[PDB]
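To match the PDB entry, the residue numbers of chain A are left as they are there, and the shown ones run 39-166. Counting starts at 1 for both ligands and their atoms, in listed order.
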Amino acid sequence: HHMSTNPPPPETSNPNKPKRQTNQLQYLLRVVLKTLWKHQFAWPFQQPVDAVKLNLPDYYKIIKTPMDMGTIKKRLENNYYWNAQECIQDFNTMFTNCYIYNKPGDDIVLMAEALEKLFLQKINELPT
Ligand SMILES: COc1cc2c(c(OC)c1OC)-c1ccc(OC)c(=O)cc1[C@@H](NC(C)=O)CC2
Ligand code: NA
């Protein structure tokens, strides 16, 4: 009777949202996102959590601000962001969602931690 569904994905396109192309946002796409996207642990993070497919009916009860690298990649390619901080916040939301939903010893958490370490190493060099 009652089907579980996924929420609409986060907005990747809004012509009326203020947006800029900055050196920092270019670095976030060409260096930061590119590095994490190709990482051996990227696969769970390359698209919204599909709670229907993965049989996680509780995921979107716990995680109220979903984020993932597929969304971030589209945002960067679509010039969705006003500043680097908005994009950094999306990465932080993605990692934090994983830590919140799962338990500290879990494989998925180990994966997120490795991606986060690389992320922090790259944003240490954010230009400007
Ligand atoms: C049945 O197979 C899978 C099922 C899930 C996940 C997953 O990717 C590792 C799977 O492998 C395809 C899974 C995926 C993504 C998550 O966040 C990105 C998450 O928090 C959490 C998960 C999963 N939880 C854990 C502790 O790995 C639950 C659902
Ligand atoms: Na947790």
State which drug is located at ligand 1. colchicine
What does the PDB entry call the chain with the greatest number of heavy-atom pairs under 4.5 Å to colchicine? Bromodomain-containing protein 4
Could you identify the single nearest non-hydrogen protein atom to atom 9 (C) of colchicine and state the distance to 0.1 Å? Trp81 CH2, 3.8 Å
State which organism the entry records for chain A. Homo sapiens
On a heavy-atom basis, I'd like to know which of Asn140, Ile101, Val87 is closest to atom 17 (O) of colchicine. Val87
Interfacing atoms of colchicine (cut-off 4.0 Å, heavy-atom, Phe83): 18 (C)
Is there at least one protein heavy-atom neighbour under 4.0 Å from atom 1 (C) of colchicine? no
Quick check: which UniProt domain of chain A holds most residues touching colchicine? Bromo 1
Please check if a non-hydrogen protein atom sits closer than 4.0 Å to atom 22 (C) of colchicine. no
Residue selection (non-hydrogen contact nearest atom 28 (C) of colchicine) among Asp88, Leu92, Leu94, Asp106: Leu94
For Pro82, counting its heavy atoms only, list the atoms of colchicine lying under 4.0 Å from any of them. 18 (C)
Side chain, backbone, both or neither: which part of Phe133 has a heavy atom under 4.0 Å from colchicine? neither
Which nucleotides or residues of neighbouring chains are within 4.0 Å of colchicine (non-hydrogen atoms)? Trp81, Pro82, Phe83, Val87, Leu92, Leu94, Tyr139, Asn140, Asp144, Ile146
